[PDB]
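Drug on board: SU6668.
For reference, positions follow the sequence shown, starting with 1. Quick note: numbers below take in every heavy atom, side chains included, and nothing from hydrogens, waters or symmetry partners. All ligand and atom numbering here is 1-based and tracks the order in the structure.
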Amino acid sequence: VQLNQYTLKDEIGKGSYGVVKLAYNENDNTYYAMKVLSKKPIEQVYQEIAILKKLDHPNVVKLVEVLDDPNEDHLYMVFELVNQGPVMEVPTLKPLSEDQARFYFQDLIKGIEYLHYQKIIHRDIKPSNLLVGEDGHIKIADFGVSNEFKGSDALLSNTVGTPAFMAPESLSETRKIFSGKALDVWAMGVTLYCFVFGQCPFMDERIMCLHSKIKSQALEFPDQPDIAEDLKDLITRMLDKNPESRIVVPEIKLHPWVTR
Ligand SMILES: Cc1[nH]c(/C=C2\C(=O)Nc3ccccc32)c(C)c1CCC(=O)O
Ligand SMILES: [Cl-]
């Protein structure tokens, strides 16, 4: 299977919106990650492309080129390959050590701060969208449901993303307006909890009960593994159900657990 200079190889991931295949560029003897889409709706794809084109940061995946033939049902987004893949699988019985979690969380902070400075809300932060690069550092992937805003913050009313990572203020049964940056912070807190415990803090196979726990169940830390108190403080602050008192990224950067 060829597509201009690219040979499609085996699958390497299903994010949101498509499937990703390893791809060999015969012109430069280099592997890439190719997202393949079947037109099934397409406005959102070209907004992801437009967002990706604006971004250039070591902790954000790099869109290389787009292959769109109007006579083809398939549309191809070529990314730079992130050779080591997602930072971890959730759930797992072998979570990261605190020191490993901090190393990756520092990259996540820098990438989110950059995205927000670029006026992008990611909306799907989770470990499987955090890819480990050649040098061991994280690259944030999958902008399939990201939002671009004008002004100081996004003012949003739509519910998108991965259910276990959705912030409780996005789960009102009344299309209320909520702000964007705090959504990414919440998902960062669920992500950090996942790093050290290997499962999400709020879990239910019944989607109604999952929504209800995100919105109303107090955060509980397992007895094991035994994590430091300042890490518990940081996670608690990011998983503040009230978005107005939830910790903000300029504070996360300063948090004692982050800086030691
Ligand atoms: C650039 C890139 N790589 C991948 C996947 C992998 C990658 O690169 N090495 C890997 C090594 C092992 C497993 C997956 C991967 C994805 C999902 C994306 C982004 C796709 C997107 O943003 O929608
Ligand atoms: Cl995940």
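- Counting all copies, SU6668 can be found at ligand 1.
- The chain that SU6668 (ligand 1) touches most here appears in UniProt under the name Calcium/calmodulin-dependent protein kinase kinase 2.
- Residue, atom and distance of the protein heavy atom nearest to atom 14 (C) of SU6668 (ligand 1) are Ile12 O, 3.1 Å.
- Among protein heavy atoms, atom 3 (N) of SU6668 (ligand 1) sits closest to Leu131 CD1, 3.4 Å.
- An N or O contact shorter than 3.5 Å is missing between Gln84 and SU6668 (ligand 1) by distance.
- Per UniProt's ATP-binding annotation of chain A, a non-hydrogen atom lies under 4.0 Å from SU6668 (ligand 1) in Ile12, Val20, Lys35.
- The largest share of chain A residues contacting SU6668 (ligand 1) lies in UniProt domain Protein kinase.
- Atom 10 (C) of SU6668 (ligand 1) has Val82 O, 3.3 Å as its closest protein atom, hydrogens excluded (heavy atom only).
- Residue-ligand proximity, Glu80 to SU6668 (ligand 1), at heavy-atom distances under 4.0 Å covers atoms 1 (C).
- Of all atoms in SU6668 (ligand 1), listed by their number and element, those nearer than 4.0 Å to a heavy atom of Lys35 are 23 (O).
- From SU6668 (ligand 1), the nearest residue that UniProt flags as active site in chain A, along with the heavy-atom distance to 1 Å, is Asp124, 9 Å.
- Residue contacts with SU6668 (ligand 1): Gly13 is excluded, as none of its non-hydrogen atoms falls under 4.0 Å.
- Residue-ligand proximity: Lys62 is placed with every non-hydrogen atom at 4.0 Å or more from SU6668 (ligand 1).
- Remark: SU6668 (ligand 1) atoms within the under-4.0 Å shell around heavy atoms of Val20 are 17 (C).
- Heavy-atom proximity to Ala33, at under 4.0 Å, picks out these atoms of SU6668 (ligand 1): 1 (C), 2 (C), 3 (N).
- In terms of protein heavy atoms, atom 19 (C) of SU6668 (ligand 1) is closest to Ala141 CB, 3.9 Å.
- Under a 4.0 Å non-hydrogen cut-off, the residues that form the binding site of SU6668 (ligand 1) are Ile12, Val20, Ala33, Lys35, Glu48, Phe79, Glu80, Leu81, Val82, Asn83, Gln84, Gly85, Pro86, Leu131, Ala141, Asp142.
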Output block, N or O contacts of SU6668 (ligand 1), threshold 3.5 Å exclusive:
residue	atom	partner	partner atom	Å
SU6668 (ligand 1)	8 (O)	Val82	N	2.9
SU6668 (ligand 1)	8 (O)	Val82	O	3.2
SU6668 (ligand 1)	9 (N)	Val82	O	2.3
SU6668 (ligand 1)	22 (O)	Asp142	N	3.0
SU6668 (ligand 1)	23 (O)	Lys35	NZ	3.2

